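Heads up: the structure comes next, in structure tokens.
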Amino acid sequence: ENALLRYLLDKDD
Amino acid sequence: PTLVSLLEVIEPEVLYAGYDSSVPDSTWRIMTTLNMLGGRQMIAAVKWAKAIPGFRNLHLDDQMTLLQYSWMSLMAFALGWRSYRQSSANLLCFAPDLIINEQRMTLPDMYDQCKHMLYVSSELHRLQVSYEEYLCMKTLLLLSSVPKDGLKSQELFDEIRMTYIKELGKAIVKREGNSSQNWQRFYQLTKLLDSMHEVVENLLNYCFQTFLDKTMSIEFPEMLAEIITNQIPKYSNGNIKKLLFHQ
Ligand SMILES: CCC[C@@H]1O[C@@H]2C[C@H]3[C@@H]4CCC5=CC(=O)C=C[C@]5(C)[C@H]4[C@@H](O)C[C@]3(C)[C@]2(C(=O)CO)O1
């Protein structure tokens, strides 16, 4: 899993 | 607004390493500090990529794929630029508070790691690369590798990549410029782009070794540890297609 990268791409900003 | 002006406005602010110059240097201390700096630069690189026109139109899996493949290329190229702009000397300017000088270069095993990165800055200096050429070249490095079996949005990717190639062409033409000298310059800059795969291969060898050998006690922050963990199996399964301008 690539939890942090996916979060940074999906979050607003 | 022009495409290159949009690439310019999203340029990340320079980050500080938070390196205490009153404490003596060591190779381990510098490598450890740089991994933490790298993690923060990579978080800023995600925000940067998201604002690149076209990038967000690719499938989310492709966005993740491209950032994971290109991370070291992006870091070394931006470092090459900061080093080239700071001085004409053989210095690596990782951060304004963490510059690898000639005294720092003499630390055990500093030079063998630094030589590949010094090659990037020396080449930008030798070719007298402009800010507009640099901006186009850095976006092209994000688009320099794809999976063996390609992307989910392959067609759209090829269109976006061609657009930034034409954008690099437009930057070259601004200087000011002779038709023959333009093709010569295009050839040179794309040759430097191609050579980034070789620079990165050398940097990842050290990166992967220091990440995997836990007895070295070299820490990587979560952002870098996650990328490295994802990338190591992709290299071992041959799951990488390094795009080249010259065959
Ligand atoms: C002077 C020690 C260099 C030796 O060479 C390896 C490649 C390094 C990255 C190069 C690109 C970069 C540019 C930056 O501005 C901030 C951080 C990074 C991203 C660098 C760091 O992470 C450490 C690095 C991963 C490396 C290592 O293996 C340590 O374990 O250090």
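We name chains A, B, ... by the order of the sequence lines, and we start the count at 1 in each one. Counting convention: from 1, in listed order, for ligands and their atoms alike. All values below come from the heavy atoms of this structure, side chains included, with hydrogens, waters and symmetry mates left out.
The chief contact partner of ligand 1 in this model is named by UniProt as Glucocorticoid receptor. What sits at ligand 1 is the drug budesonide. With a cut-off of 4.0 Å on heavy atoms, the other chains touching budesonide (ligand 1) are B. Using a 4.0 Å cutoff on heavy atoms, B/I100 does not count as a contact of budesonide (ligand 1). Per UniProt, most contacting residues of chain B around budesonide (ligand 1) lie in the domain NR LBD. When only interatomic distances are considered, the shortest N/O to N/O separation between B/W71 and budesonide (ligand 1) does not fall below 3.5 Å.
In terms of protein heavy atoms, atom 25 (C) of budesonide (ligand 1) is closest to B/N35 OD1, 3.5 Å. Here the shortest heavy-atom distance to atom 10 (C) of budesonide (ligand 1), taken over B/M75, B/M31, B/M117, B/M216, belongs to B/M117. When the heavy atoms of B/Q113, B/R104, B/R82, B/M42 are ranked by distance to atom 15 (O) of budesonide (ligand 1), first place goes to B/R82. For atom 17 (C) of budesonide (ligand 1), the nearest protein heavy atom (residue, atom name, distance) is B/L34 O, 3.3 Å.
Looking at B/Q209 against budesonide (ligand 1), nothing comes within 4.0 Å, counting heavy atoms.
At the top of the distance list for atom 30 (O) of budesonide (ligand 1), counting protein heavy atoms only, stands B/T210 OG1, 2.8 Å.
Of the heavy atoms in B/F211, none comes closer than 4.0 Å to budesonide (ligand 1).
Residue, atom and distance of the protein heavy atom nearest to atom 14 (C) of budesonide (ligand 1) are B/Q41 NE2, 3.1 Å. Under 4.0 angstrom from budesonide (ligand 1), the non-hydrogen atoms of B/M72 all belong to its side chain. Applying a heavy-atom cut-off of 4.0 Å to budesonide (ligand 1) picks out B/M31, B/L34, B/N35, B/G38, B/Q41, B/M72, B/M75, B/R82, B/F94, B/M110, B/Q113, B/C114, B/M117, B/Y206, B/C207, B/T210, B/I218, B/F220, B/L224.
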